[PDB]
Participant: 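Sharing a structure here in structure tokens format.
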Amino acid sequence: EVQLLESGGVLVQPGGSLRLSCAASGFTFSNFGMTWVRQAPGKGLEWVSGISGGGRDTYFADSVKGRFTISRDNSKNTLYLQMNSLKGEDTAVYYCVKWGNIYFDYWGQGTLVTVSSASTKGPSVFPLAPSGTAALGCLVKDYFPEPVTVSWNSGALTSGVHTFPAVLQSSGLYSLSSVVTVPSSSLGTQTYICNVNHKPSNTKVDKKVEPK
Amino acid sequence: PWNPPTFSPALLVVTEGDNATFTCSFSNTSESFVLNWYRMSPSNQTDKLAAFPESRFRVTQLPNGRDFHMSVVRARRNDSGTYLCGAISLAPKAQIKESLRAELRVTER
Amino acid sequence: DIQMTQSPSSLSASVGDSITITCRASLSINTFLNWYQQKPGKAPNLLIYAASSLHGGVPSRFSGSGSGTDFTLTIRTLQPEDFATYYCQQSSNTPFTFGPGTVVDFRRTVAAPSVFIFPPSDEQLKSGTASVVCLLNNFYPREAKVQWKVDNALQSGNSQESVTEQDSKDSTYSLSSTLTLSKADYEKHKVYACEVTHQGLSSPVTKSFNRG
């Protein structure tokens, strides 16, 4: 019955400003305190801010005091997070969570906020050529921001596929590899294509990977 | 700093099938709290009947924000027993304080 | 701020096992202590509140105990859907704080990595950078170490690693290590090697190639 739907996560320049919203349903919204919790990629959970049912009490983590503001509109069952003077370490998934009690009983699926001065850019896709079992792959390098999806042969190759979580490079651009193991017997007759999609730059690449 | 809630009257007597209303009174420093209504069994186990903010057990806040009606609707004979309320602040410091216990006596029609 | 710690940081267990995770608060928090589960790619969900109360809908094989500073989460007859990360959280004092998390993965048999090394593609060399990729495929347990040597010189500072989630079918992990160099630096050296250490190997393994 309970639904929390976050929206608003985008790429924003450091020092800028951004408002997240969360639409709630399945419970009497105004009867319940509300909370925001965030998770930076690969890290744990950090409580951000909370607000009472009537809106008169607010609470903040020290890392966001003087910068973030929490509010709500009971007339449209909506919770807000006003994020001002953003810093790079504010990059995280932001979860909307119900807080009427000594626990957090329901969490939305989150929205990803990216704070960075790097500019949006589609990836460069390079081949990882095979040189009983053979390994091959695609290097998906220098894209920004997250996310990218990868498949092989439009989904016909899934067994033995490993698409790694992206790393943030020292340049501030992301990179990942997707690799797969295939029988060496097949290499001279089978075609291996990696399909890469990067919605933030409207980029689509189909890179065919060949013995070298 | 705040003293535990009071739960009144110490003995409430009603007859079978009528409504029984206790009043739990609690001085609110803010609105980050929950107020629970408990029944204590003779074996000293406690069961939560209802909570504010929110069946036959109802909790309503009175306009002074301090007093709460806690009502058993169509009270049955086996509703006779021991009741109390407990207030929990949620922030900035969580704590629970229970009231002194009261008795409901529900008599045969 | 109340500091939450958890022990152990990760553990391996079999279906049907009973395990316990430990949580410690740096100050007394009575029973204001919650436990959450999180699986990769999704929001956390509440398991235990008030340190021993089971959230409605959670299987009864989960339980919690403790008060004051030391708390325990026990999962009996561990089921395949219980392999996840577990966090404790104090609700005693703002700022609310979460433990660092404990990962529970599935204990399969030790499996050594198959190790592959990929030179940079000629396509990438055209752009002026060179990535060398070392792939550790389908190993268990997760702990592994990868070291790079270029013409015997130990490389540090210029590589990044990424690790997959545990596989659903064979319960293994894979890892990639990417070594980034300029094109000019790449073309000054001859032998590129990654050395891999893993408890499944009776010795470190070194895979290498000669540029050219």
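Quick note on labels: first sequence line is chain A, next is B, and so on, each numbered from 1.
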Participant: What's the drug at chains A and C called?
Facilitator: cemiplimab
Participant: Any idea which macromolecule cemiplimab contacts most in this entry, and what UniProt calls it?
Facilitator: Programmed cell death protein 1
Participant: Count heavy-atom pairs under 4.5 Å between chain B and each chain of cemiplimab, and state the chain with the most.
Facilitator: chain A
Participant: Could you check which UniProt domain of chain B holds most residues near cemiplimab? Thanks!
Facilitator: Ig-like V-type
Participant: Can you give the epitope of cemiplimab on chain B, defined by heavy atoms less than 4.5 Å apart?
Facilitator: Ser30(B), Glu31(B), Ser32(B), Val34(B), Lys48(B), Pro53(B), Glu54(B), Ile88(B), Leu90(B), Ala91(B), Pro92(B), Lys93(B), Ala94(B), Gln95(B), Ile96(B)
Participant: Paratope check: which residues of cemiplimab have any heavy atom under 4.5 Å from chain B?
Facilitator: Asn31(A), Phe32(A), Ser52(A), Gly53(A), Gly54(A), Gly55(A), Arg56(A), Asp57(A), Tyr59(A), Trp99(A), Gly100(A), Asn101(A), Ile102(A), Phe32(C), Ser91(C), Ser92(C), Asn93(C), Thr94(C), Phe96(C)
